**Q** 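As an example, take this structure containing olomorasib (bound form).
Per the PDB entry, chain A residues shown: 2-168, in order. As the structure lists them, so they are numbered: ligands from 1, and atoms in each ligand from 1.
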Amino acid sequence: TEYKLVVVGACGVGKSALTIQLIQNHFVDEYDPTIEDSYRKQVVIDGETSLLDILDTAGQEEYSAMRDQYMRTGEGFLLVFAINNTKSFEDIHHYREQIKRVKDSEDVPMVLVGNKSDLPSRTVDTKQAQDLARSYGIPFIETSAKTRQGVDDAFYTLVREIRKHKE
Ligand SMILES: *CCC(=O)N1CCN2C(=O)c3cc(F)c(-c4ccc(F)c5sc(N)c(C#N)c45)c(Cl)c3OCC[C@H]2C1
Ligand SMILES: Nc1nc2c(ncn2[C@@H]2O[C@H](COP(=O)(O)OP(=O)(O)O)[C@@H](O)[C@H]2O)c(=O)[nH]1
Ligand SMILES: [Mg+2]
C-alpha cells in the first residue's frame, strides 16, 4: 500500500522542517521556501508496511488546471500552522477550502498540525486548535520538527484517516 500525503500551510510554519525531519531524521534551521519536492519513506503502521509519498508544497500560489490536478492526487493532507503565529492559524481556513474544492468532498482525510511546540512564545492555545479540529471532525496533533515531538504521530494519524476512508 502507498499513501500520497500532502503537507500544506502558510509560509514559515515548518512544512519543510517537518518533512525533512520525517525523511532525513534531522532538523533544518533554514530551507529555501521555493523548494518543492516529493519524498518516499517506508514505514510500519499498525503492523502494515506501507510506502508514504510526501509532497512538501512550496513556492507561490497557482490556480491552474495543472496545479489543481496535481493537488487532487493527494489522498490526505496535513494542515500545518505554527503555535506562535496566529495568522498561520487563521490561514488554515483557506487551505481547507482549496482541498474541499479540488477533492470535491467534505470528508477528505486531514490532520491539523500545530508545529513549533518546542517554542515558549505560544499565541495559539491548544484548546483553540482542538475546538476548531472538533468542529471540522479531524484529529489535532502538536509537533516539533526540531525535537521530533509528534512527527511520526502526525503522519501516521493521517495514514490511519486515509485507511478508514478507503476501507
Ligand atoms: C513561503 C512559501 C510557502 O510555503 N507558501 C506560500 C504560498 N502558498 C500558497 O499560497 C498556497 C495556498 C494553497 F491553498 C494551496 C493549495 C492547497 C490545497 C489545494 F487543494 C490546492 S489546489 C491549488 N491550485 C492550490 C494552490 N495554489 C492549493 C497551495 Cl498548493 C499553495 O501553494 C503552495 C505554497 C503555499 C505556502
Ligand atoms: N523551533 C522550531 N523552529 C522550527 C520548527 N519547524 C520549523 N522551524 C523553523 O521555522 C522556519 C520555517 O520552517 P520551514 O520548514 O522553512 O517552513 P515552511 O515555509 O512551512 O516550509 C525555519 O527557520 C525552521 O528552522 C519547529 O518545530 N521548531
Ligand atoms: Mg518550505
**Q** Provide the full list of ligands or chains for olomorasib (bound form).
**A**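 Counting all copies, it's at ligand 1.
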**Q** Could you tell me the main partner of olomorasib (bound form) here, using whatever name the PDB entry has for it?
**A**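 Most heavy-atom pairs belong to Isoform 2B of GTPase KRas.
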**Q** I need the source organism for chain A from the PDB entry - what is it?
**A**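 The entry lists the source of chain A as Homo sapiens.
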**Q** Check this for me - olomorasib (bound form), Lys16, N or O atoms closer than 3.5 angstrom, yes or no?
**A**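 For olomorasib (bound form), there is an N or O atom that lies under 3.5 Å from one belonging to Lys16.
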**Q** Checking contacts here: is it the side chain or the backbone of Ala59 that comes within 4.0 Å of olomorasib (bound form), counting heavy atoms only? Could be both or neither.
**A**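 Only the backbone of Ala59 comes within reach of olomorasib (bound form).
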**Q** Of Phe78, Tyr32, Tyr96, which has the heavy atom at the shortest distance from atom 29 (C) of olomorasib (bound form)?
**A**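 Nearest option to atom 29 (C) of olomorasib (bound form), by heavy atoms: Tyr96.
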**Q** Mind checking whether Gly10 has a heavy atom under 4.0 Å from olomorasib (bound form)?
**A**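 For olomorasib (bound form), residue contact (heavy atoms, under 4.0 Å) with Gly10 is present.
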**Q** For olomorasib (bound form), indicate whether the residue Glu37 contacts it via side chain, backbone, both or neither (heavy-atom separation under 4.0 Å).
**A**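 For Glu37, no heavy atom sits under 4.0 Å from olomorasib (bound form).
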**Q** Could you see which bit of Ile100 sits under 4.0 Å from olomorasib (bound form), with heavy atoms only: side chain, backbone, both or neither?
**A**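 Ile100 to olomorasib (bound form): contacts from backbone and side chain alike.
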**Q** Report yes if some N/O of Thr58 lies less than 3.5 Å from some N/O of olomorasib (bound form); otherwise report no.
**A**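 Looking only at distances, the answer is no, because the N/O contact criterion of under 3.5 Å is not met.
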**Q** Check each heavy atom of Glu62 against olomorasib (bound form) and say whether those closer than 4.0 Å belong to the side chain, the backbone, both or neither.
**A**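 For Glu62, backbone and side-chain atoms both sit under 4.0 Å from olomorasib (bound form).
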**Q** Tell me whether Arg102 reaches olomorasib (bound form) (any heavy atom closer than 4.0 angstrom to a ligand atom).
**A**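 Heavy atoms of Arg102 do come under 4.0 Å of olomorasib (bound form).
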**Q** Near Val103, which atoms of olomorasib (bound form) are under 4.0 Å from a heavy atom of that residue?
**A**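 Numbered from 1, olomorasib (bound form) contributes 20 (F), 22 (S).
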**Q** Give the residue and atom of any covalent bond from olomorasib (bound form) to a chain.
**A**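 Covalent attachment: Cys12 SG.
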**Q** My understanding is that we take every heavy atom of each candidate and find the minimum distance to atom 7 (C) of olomorasib (bound form). Doing that for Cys12, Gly60, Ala66, which one comes out nearest?
**A**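 The residue whose heavy atom sits nearest atom 7 (C) of olomorasib (bound form) is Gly60.
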**Q** Based purely on interatomic distance, does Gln99 place a nitrogen or oxygen under 3.5 Å from a nitrogen or oxygen of olomorasib (bound form)?
**A**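 By distance alone, the answer is no.
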**Q** What residues line the site of olomorasib (bound form) at a non-hydrogen cut-off of 4.0 Å?
**A**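 Heavy atoms under 4.0 Å: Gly10, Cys12, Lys16, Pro34, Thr58, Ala59, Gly60, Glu62, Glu63, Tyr64, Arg68, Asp69, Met72, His95, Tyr96, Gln99, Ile100, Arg102, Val103.
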